[PDB]
A.B. asks: 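Mind having a look at this structure? Questions to follow.
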Amino acid sequence: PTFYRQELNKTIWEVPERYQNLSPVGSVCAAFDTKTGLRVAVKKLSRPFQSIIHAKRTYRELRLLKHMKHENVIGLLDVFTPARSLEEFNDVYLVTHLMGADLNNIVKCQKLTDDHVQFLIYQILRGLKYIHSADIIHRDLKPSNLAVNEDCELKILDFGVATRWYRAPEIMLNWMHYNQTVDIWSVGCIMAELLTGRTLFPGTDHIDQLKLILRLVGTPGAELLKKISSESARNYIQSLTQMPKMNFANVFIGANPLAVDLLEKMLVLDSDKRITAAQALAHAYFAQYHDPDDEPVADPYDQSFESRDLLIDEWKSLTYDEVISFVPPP
Ligand SMILES: O=c1ncn2nc(Sc3ccc(F)cc3F)ccc2c1-c1c(Cl)cccc1Cl
Ligand SMILES: Fc1ccc(-c2c[nH]nc2-c2ccnc(F)c2)cc1
Ligand SMILES: Fc1ccc(-c2c[nH]nc2-c2ccnc(F)c2)cc1
C-alpha cells in the first residue's frame, strides 16, 4: 500500500491511503476505512521496542488481538507498519471496528433500565467466557475498557475514574495466585454501578479499597482465612473489626431481585466460590438473551512465550513475523 504522513498532537501518524479522516480520540485515532466503508479505531504503539518489557508487551498485545475473534471482544481488522524491512521496523499500528464511546461515557448523567443492564452485562460475560476459555485473565475490567456503540453493543478492550475500584480484593491483598474470577469481581462492580449510578467501592488507596470491600462482603470466614499464606496479611485482616456480609437485598433495594441474586454470586469474597462467566450466562437474569448455541469458546491460545526471557531484537523479529503473517477477518 501507499502511505501518507501527518502530525496529530505531537504524534506522527504514517498509515496507508485506505485510512482517511484521522481524528484523535499508545495513541489512538478514529479514521474512515475506505475499503470497507466503516469507521475504525487505529492505535499507534509508542516506543514498541524501547526495552525488553516494551518489546514483549508489544508482541503480547499483537498476539492477543490476532487471536480474539469474538463479537464482544476487540479483534484486528488490520495490522501494519510503514517499515519496509525488519531493520527499519520501529512502529506497530493496530486497527479495529470503532464503537465510539465507553461505558463510563454512558453511565455518566444517565439512568439505565434493568433491560439495558441485562443486555450490557450479558455481553461482558459472553465476551469473558470466550477470553477465559483461551486461558486469559483480563485483570483490568472497568467501564473505560468497555467500548460501546449506539446500538449498546459492547466490546471488551485492553486485557494484558480509577482501575482500583473495580479490582478484586485478593489483587489488593497482593495474592499472586488469583484466578479468572478476578474478572467476575469487576463485572459485579460494573453491574452494581449501572443499577445504582454510583461506584460500589470508591476507595482512596489499596487499604481503603479493601476496607470498603469488606464492609459490604464482610470480613473473611474461617474457610477463607485458612487459605491466606501470608502472616502479615492475616494479622492485618484479622486485626480489623469483624464485619458481617451485608444483605444484598437491603443494599441494592429496588433492583430486580434476579439482578441482586447474580450480584451476590459474583461478589462472593472467597474467589473459589464466585460464579464463572459460563455459569453466569446461564443465570436466570439473562433468560431473555441467553443461547448456549451462541456463546462460543476460543481456539487454543499459546501463551508459552510469557515464560520466556528474550532479547529486544528477538521480540521485534517475532512481532515482525506476526505483522506479516496477518490475514484479515474476511
Ligand atoms: O470505540 C472504540 N473502539 C475501539 N477503541 N480502541 C481503542 S485502542 C485499540 C485497540 C486495538 C486496536 F486494534 C485498535 C485500537 F484503537 C481505544 C478506544 C476505542 C474506542 C473508543 C473511542 Cl473511539 C472513543 C471513546 C471510547 C472508546 Cl473505548
Ligand atoms: F472506493 C473508494 C475509493 C476511494 C475512497 C476515498 C474517499 N476519500 N478518500 C478516498 C481515498 C483516498 C486515497 N486512497 C484511497 F484508497 C481512498 C473511498 C472509497
Ligand atoms: F481480606 C481478604 C482476604 C482474602 C481475600 C481473598 C479473596 N479471594 N481469595 C482470597 C485469598 C486467597 C488466598 N490467599 C490470599 F492472600 C487471598 C480477599 C480479601
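Nothing fancy with the numbering, it's 1 onward along the sequence. So this one's X-ray crystallography, 2.3 Å, going by the header. Counting starts at 1 for both ligands and their atoms, in listed order. All values below were derived from every heavy atom in this structure, side-chain atoms included, with hydrogens, water molecules and symmetry-related copies excluded.
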A.B. asks: Which drug or candidate compound lies at ligand 1?
C.D. replies: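 PDB records name it VX-745.
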A.B. asks: Help me with this one: what macromolecule has the most contacts with VX-745 (ligand 1), named as in UniProt?
C.D. replies: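 Its main partner is Mitogen-activated protein kinase 14.
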A.B. asks: Of all the non-hydrogen atoms in the protein, which one sits nearest to atom 18 (C) of VX-745 (ligand 1), and at what distance?
C.D. replies: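 Checked against all protein heavy atoms, atom 18 (C) of VX-745 (ligand 1) sits closest to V28 CG1, 4.3 Å.
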A.B. asks: Looking only at protein heavy atoms, identify the closest one to atom 19 (C) of VX-745 (ligand 1) and say how far it is in Å.
C.D. replies: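 Here the nearest protein heavy atom works out to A41 CB, 4.3 Å.
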A.B. asks: Could you check which residue UniProt calls active site in chain A sits nearest to VX-745 (ligand 1), and how many Å separate the closest heavy atoms?
C.D. replies: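 Of the UniProt active-site residues, the closest to VX-745 (ligand 1) by heavy atoms is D158, 5 Å.
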A.B. asks: Closest non-hydrogen protein atom to atom 1 (O) of VX-745 (ligand 1), residue and atom name please, with distance?
C.D. replies: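 Sorting protein heavy atoms by distance from atom 1 (O) of VX-745 (ligand 1) puts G100 N, 2.6 Å first.
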A.B. asks: Which protein non-hydrogen atom lies closest to atom 25 (C) of VX-745 (ligand 1), naming both residue and atom, and how far is it?
C.D. replies: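 Result for atom 25 (C) of VX-745 (ligand 1): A101 CA, 3.7 Å.
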A.B. asks: Look up the UniProt domain of chain A holding most residues in contact with VX-745 (ligand 1).
C.D. replies: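 The answer is UniProt domain Protein kinase.
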A.B. asks: Who gets closest to atom 13 (F) of VX-745 (ligand 1) by heavy atom: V95, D102, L98, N149?
C.D. replies: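 It is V95 that holds the nearest heavy atom.
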A.B. asks: Of the protein's non-hydrogen atoms, which lies at the shortest distance from atom 7 (C) of VX-745 (ligand 1), and what is that distance?
C.D. replies: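 Protein heavy atom with the smallest distance to atom 7 (C) of VX-745 (ligand 1): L157 CD1, 4.0 Å.
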A.B. asks: In terms of residue, atom name and distance, what is the protein heavy atom nearest to atom 20 (C) of VX-745 (ligand 1)?
C.D. replies: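 For atom 20 (C) of VX-745 (ligand 1), the nearest protein heavy atom comes out as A147 CB, 4.5 Å.
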A.B. asks: What's the shortest distance from atom 9 (C) of VX-745 (ligand 1) to any protein heavy atom, and which residue and atom give it?
C.D. replies: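 Answer, as residue, atom name and distance: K43 CB, 3.9 Å.
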A.B. asks: Provide the binding site of VX-745 (ligand 1) at 4.0 Å, counting non-hydrogen atoms only.
C.D. replies: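 By heavy-atom distance, that gives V25, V28, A41, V42, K43, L65, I74, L76, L94, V95, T96, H97, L98, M99, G100, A101, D102, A147, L157.
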